[PDB]
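Model: Meditope / ligand cetuximab.
So you know, we letter chains A, B, ... as the sequences are listed, proteins then strands, and number each from 1. Heads up, header says this was done by X-ray crystallography, 2.5 Å. The basis for the numbers below is simple: all heavy atoms, side chains too, and nothing from hydrogens, waters or symmetry mates.
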Amino acid sequence: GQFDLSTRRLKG
Amino acid sequence: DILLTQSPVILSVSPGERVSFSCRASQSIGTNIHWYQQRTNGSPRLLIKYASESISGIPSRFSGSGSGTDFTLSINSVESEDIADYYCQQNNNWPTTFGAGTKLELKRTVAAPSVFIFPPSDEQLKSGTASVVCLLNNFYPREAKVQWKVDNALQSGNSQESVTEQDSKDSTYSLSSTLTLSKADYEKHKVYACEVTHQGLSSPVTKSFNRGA
Amino acid sequence: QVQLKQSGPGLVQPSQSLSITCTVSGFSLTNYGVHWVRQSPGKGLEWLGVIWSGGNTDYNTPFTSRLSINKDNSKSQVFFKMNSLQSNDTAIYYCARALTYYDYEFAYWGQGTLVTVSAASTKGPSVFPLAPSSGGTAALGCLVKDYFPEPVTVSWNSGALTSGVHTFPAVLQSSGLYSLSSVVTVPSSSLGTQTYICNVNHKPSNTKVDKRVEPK
């Protein structure tokens, strides 16, 4: 559901 | 500020199937909505403008519709390259606001991983730390277990895993498990093994080496 | 064509200011407005502000006090400046251009600048080989260990090698330093014929390393 800075994708 | 609610949080489809992305607004905004695509490590890519209007360079399988508070982005036949997150944006009301986004995952056939184990390099050992790496390559689904053993002693707490996002071509995942030991501990033992458990394997697969061959 | 290129990724001390430069080409800053958008774990996509063709600026309400946008039309450069950063200001910052001069449909984006708000010190990574040693296919890679902050870029053979390359997401170690591996699968018969080098670049520390990976 949150944005992940490492992948620029949504994770959880 | 206008609140944009996208549903669902995650969408999982198979290639060739159809898919709709929902974007709901806290109040009417007419057709002042834009859609964006974001691939792994990328910047947003404009898909649709003003609810339904086409964008140069965007595949015709992308389309949008709706007005008022309920809007829909659609892909009539999903391809593997569509793996991304999708956002909506309103601009009927200052300031412009974005939705929280929907993740698009692809289903595919079960693929067992190819396992590879890498001993620590002599270059690293000079620093007093040993990193043993275990690679699980091109598998599906995402769920996998990696079990480390050093001289039949079960390792716990001293490993970290990282997983790539779905590949845009074969829709698979790759995993890396890194076991970290001190140089002293590493030199005190011989057999290093990682056991891999996955749906595509009828039995756990183990890759091992003996320190210094 | 139309391009927007931002300054490199960086560390910013708490309470200090952030400065990003957007250099554009394919169009004149006197003909189009330039917007600024960020993407954070806590707030997602967030519109920050914009500088218009004539030099006017608008700032999103919660940023009106610490945000400042200037530009140099002649040098085709837009200057982003935000004051007194905190931890939740850690995000990826973009500059962007709309389809038309007055609108907000962002057809063109910068590559993004990952900003980390931290008191810690910048530290370049060490690069170790993952040497190959099944079925004609061998695997090799590079271990990129103990760096801060994100990001680090890894390519193979100066960009010529892309097929079969997996660069894993960075993970945070207990030391507060990041680590990642980047792998690639190649025909084993090429291990004696071809050279395999991972090109590692850590912009924040200006660490730039080429690592040759050979069988042991």
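- Every copy of cetuximab included, the relevant parts of the model are chains B and C.
- Of the atoms belonging to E165(B), it is side-chain heavy atoms, and not backbone ones, that fall under 4.5 Å from chain A.
- Neither the backbone nor the side chain of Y86(B) comes within contact range of chain A; no heavy atoms are under 4.5 Å apart.
- Looking at heavy-atom pairs within 4.5 Å of chain A, the leading chain of cetuximab (chains B and C) is chain B.
- Both the backbone and the side chain of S43(B) have a heavy atom closer than 4.5 Å to some heavy atom of chain A.
- With non-hydrogen distances under 4.5 Å, the site around cetuximab (chains B and C) consists of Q2(A), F3(A), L5(A), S6(A), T7(A), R8(A), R9(A), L10(A).
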